[PDB]
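Next up: a structure with halofuginone.
Residue numbers begin at 1 in each chain, while the letters A, B, ... track the order of the sequences. Worth knowing before you read on, the calculation uses all heavy atoms, side chains too, and leaves out hydrogens, waters and symmetry mates. Recorded method is X-ray crystallography, 2.2 Å. Read the numbers this way: they start at 1 and go in the same order the structure lists the ligands and their atoms.
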Amino acid sequence: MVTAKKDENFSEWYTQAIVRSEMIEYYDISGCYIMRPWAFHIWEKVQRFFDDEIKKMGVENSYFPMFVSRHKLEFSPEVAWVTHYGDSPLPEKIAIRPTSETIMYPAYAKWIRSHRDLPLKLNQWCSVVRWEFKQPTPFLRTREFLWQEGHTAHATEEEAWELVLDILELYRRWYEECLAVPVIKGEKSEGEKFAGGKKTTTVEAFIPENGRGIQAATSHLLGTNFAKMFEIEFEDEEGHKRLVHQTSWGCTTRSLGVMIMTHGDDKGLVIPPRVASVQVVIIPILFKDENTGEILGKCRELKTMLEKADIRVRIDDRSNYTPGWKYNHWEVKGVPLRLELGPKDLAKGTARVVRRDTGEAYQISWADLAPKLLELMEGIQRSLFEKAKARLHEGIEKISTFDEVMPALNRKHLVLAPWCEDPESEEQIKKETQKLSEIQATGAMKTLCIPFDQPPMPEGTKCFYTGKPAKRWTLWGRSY
Amino acid sequence: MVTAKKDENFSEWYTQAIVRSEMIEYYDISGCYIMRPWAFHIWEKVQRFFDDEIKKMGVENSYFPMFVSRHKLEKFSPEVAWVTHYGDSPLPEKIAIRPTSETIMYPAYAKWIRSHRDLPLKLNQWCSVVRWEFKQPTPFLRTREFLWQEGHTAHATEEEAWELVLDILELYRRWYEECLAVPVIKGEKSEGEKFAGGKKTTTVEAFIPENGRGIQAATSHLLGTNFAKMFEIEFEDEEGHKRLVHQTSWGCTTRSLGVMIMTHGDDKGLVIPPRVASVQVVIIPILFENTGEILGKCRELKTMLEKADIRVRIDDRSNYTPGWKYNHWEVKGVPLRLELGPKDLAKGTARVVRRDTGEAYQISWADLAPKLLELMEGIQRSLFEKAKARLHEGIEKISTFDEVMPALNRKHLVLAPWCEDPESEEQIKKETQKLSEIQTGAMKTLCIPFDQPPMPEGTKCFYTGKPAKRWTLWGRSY
Ligand SMILES: Nc1ncnc2c1ncn2[C@@H]1O[C@H](COP(=O)(O)OP(=O)(O)NP(=O)(O)O)[C@@H](O)[C@H]1O
Ligand SMILES: Nc1ncnc2c1ncn2[C@@H]1O[C@H](COP(=O)(O)OP(=O)(O)NP(=O)(O)O)[C@@H](O)[C@H]1O
Ligand SMILES: O=C(C[C@H]1NCCC[C@@H]1O)Cn1cnc2cc(Br)c(Cl)cc2c1=O
Ligand SMILES: O=C(C[C@H]1NCCC[C@@H]1O)Cn1cnc2cc(Br)c(Cl)cc2c1=O
Ligand SMILES: [Mg+2]
Ligand SMILES: [Mg+2]
Ligand SMILES: [Mg+2]
């Protein structure tokens with residue numbers, strides 16, 4: 001059982017919740033964690049979702065090596081270097097993958113010759129390693145992390161930009177539709193974008209309990225900057241040699257940590273049904289040998305019934321644990337529905353179903369279970385999302401002047417503020433908010449994104465900070 | 001177009017075929033290779049197949065770190081890759097890249113397992129492994145980075161652990177024989193060949209005729225209790241007494257793709273079994289001038305074939321002749337080509353050519369889906385039955401040591417009665433190597449097959465002249 005309160009010590013709550021639901025096991029190399037089966041199931045669900053979707057776009061999977069040679073790689077303090085095999089030193093040291101541009105792009109130069117070879121659309125599911133300097137957090141910031149990375153190459157900027165946006169929408173679907181986590185689509189500012197690219201888009205999420213925005217995934221319009229460094233050129237139809245226009249995009253096991261932080265409570269995890277490996281757990285109530293044979297047969301019948309409706313059902317008929325130990329176990333683990341079947345319920349042809357998010361109980365006849373559970377699972381899923389969306393919305397404050405900022409940050413909120421979008425000002429702003437945060441004693445404020453969904457901008461509106469005329473509403477806050 | 005001949009210059013043939021088919025790209029770090037979509041899709045198929053099967057046995061997936069600290073790993077040496085720095089800074093202890101995950105998984109098992117009610121514990125992971133192999137790299141078969149799965153289970157008893165060893169072994173036979181159409185032989189490794197951290201090692205063995213080598217295809221270990229003793233993986237039984245767990249581990253790699261390539265390939269290139277082919281049917285319109293008539297019909301046909309779950313591509317590229325296209329998709333191993341030209345449009349038909357034998361069929365549009373489903377099953381079956389006959393012809397049953405070198409010189413394996421004395425295997429290895437030079441060349445045990453031929457009473461070991469135990473399969477190896 002979980003005992004730290006989510007709203008008191010958030011850190012300790014998260015650690016307890018992920019350990020006691022058997023999602024992660026700690027490890028001796030710092031910043032690395034073991035992903036146990038209960039967490040791995042959720043990743044498997046989002047993986048299959050995303051993978052299926054990108055295949056409909058013609059993206060194909062591949063696997064490129066985990067090693068890149070020193071001279072091809074040449075961010076530096078993060079790179080893990082292999083220097084030896086056994087007691088022997090490598091003639092030239094080798095780096096483990098931190099990203100795969102330097103591994104993929106020279107091959108792309110070789111394979112692309114003509115318009116007939118475009119678009120080239122590849123992905124890979126793999127792990128990367130970055131010797132993170134920041135405080136590690138299981139899922140959210142780890143030194144080895146699982147991800148996919150998508151890398152595409154096209155004839156025109158328009159087609160590449162369209163795929164950038166399609167992928168971004170798929171990531172809104174991974175968070176929103178699978179994980180029931182609300183995200184904001186935006187553009188990264190010039191200071192925050194991937195420097196090898198032209199434009200970076202993001203989906204951004206929010207952790208209410210510590211006030212932090214967090215980048216949930218990313219999708220880059222790379223332009224022709226990398227085609228030029230790597231000599232990725234093709235002949236069009238009229239015999240002419242052109243640079244490719246490229247995209248890349250990635251999303252990681254960070255997504256699980258965001259889910260856990262978003263929906264969990266004081267009793268531990270709450271898993272949204274769309275990604276729960278066990279949607280419904282059936283618990284026989286077995287005590288002083290009362291009806292034990294008939295309770296178990298009904299449990300099996302109920303399961304076959306529910307899986308005809310494609311519900312994911314487990315019977316926990318394990319002998320060596322009490323029914324109450326099972327209630328608690330599958331609560332902490334975040335199973336959406338718990339169906340209890342004891343002697344009394346057996347006599348009435350009913351079952352008692354407890355939903356995990358609100359703790360509400362229902363009495364339901366065997367004949368209405370399938371359609372009633374499906375309805376409840378759709379209500380849990382929608383309800384998790386809507387409550388998280390309202391919290392997201394409660395957490396962002398529309399403002400006009402710099403004077404409003406530090407108070408908004410102290411309330412653990414984000415700010416939506418009009419901004420001139422000048423690179424020099426973000427640097428000034430972050431150095432400044434850091435100063436005032438140190439003095440007040442918890443971190444600098446930065447841009448998260450410029451949201452796609454722009455509210456109206458009145459003609460004389462000025463930038464909240466410089467005073468120059470503003471261009472767009474930009475979302476700022478503290479961040480992971 | 002492939003030009004090295006598969007029987008005559010096998011090594012060149014293999015390199016050409018995997019490169020020209022667009023399966024692999026060569027890379028500047030030795031023994032590492034890019035797996036392009038054409039190959040990777042086959043990996044995805046076998047992965048999905050094996051993963052669904054082990055999920056039915058209650059095995060669950062997990063991801064353990066790729067890094068293991070020196071003190072945990074050294075609880076082989078020359079193969080370990082060591083990370084000593086991050087950026088310009090030295091780590092306090094050097095970290096190994098996971099050559100295999102025993103030393104990463106078993107301390108966690110020792111934490112998680114306390115009572116009989118925690119058992120069985122059954123995990124698998126899909127990951128890559130790194131070993132700095134001393135032997136010559138070969139794409140797929142022996143690489144310095146490879147993809148695999150590793151399964152590791154723990155049981156209250158030896159008998160349940162063994163049951164699982166054999167079930168996993170059966171799944172490996174299905175990975176090879178049902179998905180890749182590659183015949184394999186189940187058997188027990190000898191004492192010198194088994195995994196030394198285990199009690200008994202079971203295997204599926206395969207055979208490459210063109211160089212006469214056996215190759216271990218996959219492996220499944222009854223580990224017994226020795227790791228449980230080493231890592232202190234113990235549980236209280238039902239009476240409160242502490243007991244050691246009984247463990248298994250098993251694994252299979254991208255080696256399997258290379259075996260499939262070599263098994264079914266011919267002088268024109270790859271031949272991919274339909275169950276795993278990325279494209280099962282390529283539609284090649286006879287075009288040189290486009291008007292929409294041919295291409296329109298080819299789209300309608302693709303839609304109809306996809307309804308029947310056929311993986312179809314239309315090669316509508318403008319600048320290639322149909323002949324160039326036939327060759328291209330033949331080198332890639334597409335099992336069925338569907339040709340659609342003006343004459344075909346005029347007669348409501350399509351001409352389908354099989355990659356494995358070259359036979360052509362004329363088929364009405366209406367009959368396409370069922371006839372192609374039938375062909376695919378004919379191709380998959382015929383690829384297997386042919387490879388199985390070649391495997392059979394590659395093994396000579398013998399009685400005496402004098403029949404050995406001639407059988408090895410015929411690029412054949414030997415099946416021989418053996419006393420199974422461990423000293424004798426070391427001797428046979430040395431004496432066959434030394435005769436290979438004065439004429440690696442060593443002949444070693446591949447396995448002791450579950451399928452034993454008859455052993456008449458009094459049959460003698462082919463090497464020691466002592467009483468023979470079982471027939472053992474021997475040859476040159478990867
Ligand atoms: N250490 C990490 N652990 C887990 N997820 C990560 C980690 N670093 C990045 N991610 C996620 O992976 C996505 C793509 O990686 P990338 O764009 O390289 O991130 P980044 O530039 O390193 N962001 P940041 O580390 O905050 O500077 C990010 O948008 C994050 O959602
Ligand atoms: N370098 C490699 N590349 C690809 N597959 C491999 C490689 N080494 C082993 N395998 C395969 O993985 C299976 C399990 O690995 P493992 O049991 O560790 O083999 P091993 O003991 O290293 N065999 P070997 O190295 O030939 O003596 C082996 O039976 C092979 O089928
Ligand atoms: O990794 C990226 C840019 C994109 N690469 C493809 C997947 C999606 C991803 O956003 C940014 N990035 C982040 N961290 C890095 C760390 C190191 Br070390 C290196 Cl060499 C390079 C990088 C690096 O390029
Ligand atoms: O890797 C194995 C034993 C088993 N591990 C799980 C998958 C199936 C496999 O047969 C044998 N082996 C092979 N090569 C190794 C190389 C090194 Br380096 C190390 Cl440390 C250890 C090993 C090592 O243990
Ligand atoms: Mg970073
Ligand atoms: Mg950043
Ligand atoms: Mg060996």
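- The structure holds halofuginone at ligands 3 and 4.
- Bound to halofuginone (ligand 4) with the largest number of contacts is the chain that the PDB entry calls Prolyl-tRNA synthetase (ProRS).
- Other chains whose heavy atoms approach halofuginone (ligand 4) within less than 4.0 Å: B.
- Counting protein heavy atoms only, atom 17 (C) of halofuginone (ligand 4) is closest to B:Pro99 CB, 3.6 Å.
- At the top of the distance list for atom 18 (Br) of halofuginone (ligand 4), counting protein heavy atoms only, stands B:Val80 CG2, 3.3 Å.
- The PDB entry identifies the source organism of chain B as Toxoplasma gondii (strain ATCC 50611 / Me49).
- The shortest N/O to N/O separation between B:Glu102 and halofuginone (ligand 4) falls below 3.5 Å.
- Contacts between B:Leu73 and halofuginone (ligand 4), counted as non-hydrogen atom pairs separated by less than 4.0 Å, involve the side chain only.
- Under 4.0 Å from halofuginone (ligand 4), the heavy atoms of B:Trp148 that appear belong solely to its side chain.
- The N/O atoms of B:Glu79, backbone and side chain alike, include none that comes under 3.5 Å of an N/O atom in halofuginone (ligand 4).
- Backbone and side-chain nitrogen or oxygen atoms of B:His152 are examined, and none is located within less than 3.5 angstrom of a nitrogen or oxygen of halofuginone (ligand 4).
- For halofuginone (ligand 4), one of its N or O atoms has an N or O atom of B:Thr100 under 3.5 Å away.
- The proximity of B:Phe195 to halofuginone (ligand 4), defined as any non-hydrogen pair under 4.0 Å, is limited to the side chain.
- Within the listing of halofuginone (ligand 4), atoms 4 (C), 9 (C), 10 (O) sit less than 4.0 angstrom from a heavy atom of B:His221.
- Comparing B:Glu133, B:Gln149, B:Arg131 by heavy-atom distance to atom 2 (C) of halofuginone (ligand 4), the nearest is B:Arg131.
- The site surrounding halofuginone (ligand 4), defined by heavy atoms under 4.0 Å, contains B:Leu73, B:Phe76, B:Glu79, B:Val80, B:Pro99, B:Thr100, B:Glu102, B:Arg131, B:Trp148, B:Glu150, B:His152, B:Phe195, B:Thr219, B:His221, B:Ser249, B:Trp250, B:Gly251.
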